[PDB]
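Remarks on the structure that follows.
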Amino acid sequence: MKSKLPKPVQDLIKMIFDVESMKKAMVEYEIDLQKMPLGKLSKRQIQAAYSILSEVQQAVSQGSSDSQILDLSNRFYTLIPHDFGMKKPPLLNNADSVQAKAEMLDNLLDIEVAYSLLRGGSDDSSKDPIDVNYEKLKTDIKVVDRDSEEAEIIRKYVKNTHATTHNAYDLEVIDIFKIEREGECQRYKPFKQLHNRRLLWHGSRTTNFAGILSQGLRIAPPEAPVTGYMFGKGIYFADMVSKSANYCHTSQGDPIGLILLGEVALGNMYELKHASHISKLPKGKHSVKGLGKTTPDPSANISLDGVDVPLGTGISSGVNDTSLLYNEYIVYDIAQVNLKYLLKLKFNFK
Ligand SMILES: NC(=O)c1cccc2cn(-c3ccc([C@@H]4CCCNC4)cc3)nc12
C-alpha cells in the first residue's frame, strides 16, 4: 500500500531518518567509519565513553599526572576510534576538550537510537516504509494549517523573539506540526496543575529528532561529565527563538532546522543570574530561570489554553548584573515537559 500521510509529514520522516546525515555527522566528528561504522554504534560503548570522560574531568580538576590523563585519553579513543589523518590525537586534558567530546557523545547517542529504530521492527512489505518509520516514532504528527489562528500565533512568536545579537541569519517557518508523543499526556498530567506553565523553545540537531520524538526530551545520563552545564543536568529552554535555533547547529550547506515548542510546568522558579553547576532545587522551587539582560515584553504575553506564550518583542529586563544575554529555563524532571509543536525552519544566512 501507499502512504496516506500528508507530504510535509512524509518529508519530516525522511529528514529525521536520513542515514547519509548520520554518516556526515560522524565524518564531521572525525570518527573512523572503517573501525566504527554506523551499524557498530552501541548504547554500552557510548555509556562507557561517558564514564571515561567523567574520569578525565575528575583527573583534570584533581590535578592528576599527564601519564594518567594520557591513559584515559587513549582509552577514550580506543572506545570511539577517530581518524585524524595529518594530526596527532588531541589530548583530553582540559575542560574544553571534554565538553567537545561530551557534545559528540550526546549526538552519537541519538544517532544510535535513530539507526537502531530504522534497522529494527518487522521487515514486511504490506505497509509503505515511510508509514513503518512514522510508527517507530510512537508520536501522532499533524500539519498545522498555515491560515489557522494557531499558525499566526506561532509565526508571531518566531518573528518577535529573534535576538538582535543573533544577526547571522533570518528565520522562515516552512511547516508547523502538532505533535503528541505516546504516553506523554499521562506523564505530564500531575504537573498540569502546577502554576506558571509556559510555551518555550527547544532547539537540537536534526539527527537527534528520531530520539527526541521516540523517547522525549531527556536529561544527560549520570555517567556523563557534570561540566558544561551552567545550571546542572536538566532540560534547557529559551523564550527567544534564536537562542534555541542556535542549538540546531544549521549551516549554509544544510539551512533547514527543527525546533520544538514545549509546554513546560515551571511552577515556582529559582531565579539565578550566574552559573550554579548544581541540579538540586530549594524546597518549593520547581525550575530554574537564568535571568537575561533582554526579555520578551511582558505586556505582549498571551495565555493560550492556560499556557503563557511570551511572544513579545525583546526589551531590556532591568538586570545588568547577569552573565546571560537572554533568559533560559531548566527543569530537572522529564515529566515537567509536554511537547506541543515541531517547526521546520529555513535559516536564511546573511
Ligand atoms: N537547546 C536549547 O534550545 C537551549 C535553550 C536555552 C539554553 C540552553 C542551554 N542548552 C544546553 C545545550 C548543551 C549543553 C551541554 C554542553 C555539551 C555537553 N552536553 C550538553 C548544556 C546546555 N541548550 C539550550
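Since chain A takes its numbers from the PDB entry, the residues it shows come out as 661-1010. The way this entry was determined, per its header, is X-ray crystallography, 2.2 Å. Order of appearance sets the numbers: ligands from 1, and atoms from 1 within every ligand.
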Quiz item: What is at ligand 1, out of niraparib, phenylbutazone, ixazomib, rotigotine?
Solution: niraparib
Quiz item: By the naming in UniProt, what macromolecule does niraparib (ligand 1) touch most in this deposit?
Solution: Poly [ADP-ribose] polymerase 1, processed C-terminus
Self-check item: Closest active-site residue (UniProt) of chain A to niraparib (ligand 1), heavy-atom, 1 Å
Solution: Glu988, 4 Å
Self-check item: Polar contact flag for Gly863 and niraparib (ligand 1) (N/O pairs, less than 3.5 Å)
Solution: yes
Quiz item: Across chain A, in which UniProt domain are most residues that contact niraparib (ligand 1) found?
Solution: PARP catalytic
Quiz item: Please state which protein non-hydrogen atom is closest to atom 11 (C) of niraparib (ligand 1) and give its distance, to 0.1 Å?
Solution: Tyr907 CE2, 3.9 Å
Quiz item: Hey, does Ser904 come in under 3.5 Å of niraparib (ligand 1), counting only N/O atoms on both sides?
Solution: yes
Quiz prompt | Numbering as shown, the atoms of niraparib (ligand 1) that approach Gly888 to under 4.0 Å (heavy-atom distance) | solution = 15 (C), 16 (C), 21 (C)
Practice problem: Could you list the atoms of niraparib (ligand 1) found under 4.0 angstrom from a heavy atom of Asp766? | Solution: 18 (C), 19 (N), 20 (C)
Quiz item: Which UniProt NAD(+)-binding residues in chain A pass a heavy-atom distance cut-off of 4.0 Å to niraparib (ligand 1)?
Solution: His862, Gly863, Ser904
Practice problem: State the atoms of niraparib (ligand 1), each with its element, that fall below the 4.0 Å cut-off from a heavy-atom position in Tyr889. | Solution: 15 (C), 19 (N), 20 (C), 21 (C)
Quiz item: Should one rank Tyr896, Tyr989, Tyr986 by closest heavy-atom distance to atom 8 (C) of niraparib (ligand 1), which comes out on top?
Solution: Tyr896
Quiz item: What residues sit within 4.0 Å of niraparib (ligand 1), counting only heavy atoms?
Solution: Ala762, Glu763, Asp766, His862, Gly863, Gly888, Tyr889, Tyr896, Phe897, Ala898, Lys903, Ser904, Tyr907, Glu988
What short N/O contacts, under 3.5 Å, does niraparib (ligand 1) make with the protein, listed by atom pair and distance?
| from | atom 1 | to | atom 2 | distance (Å) |
| --- | --- | --- | --- | --- |
| niraparib (ligand 1) | 1 (N) | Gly863 | O | 3.0 |
| niraparib (ligand 1) | 3 (O) | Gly863 | N | 2.9 |
| niraparib (ligand 1) | 3 (O) | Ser904 | OG | 2.8 |
| niraparib (ligand 1) | 19 (N) | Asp766 | OD2 | 2.7 |
| niraparib (ligand 1) | 19 (N) | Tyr889 | OH | 3.0 |

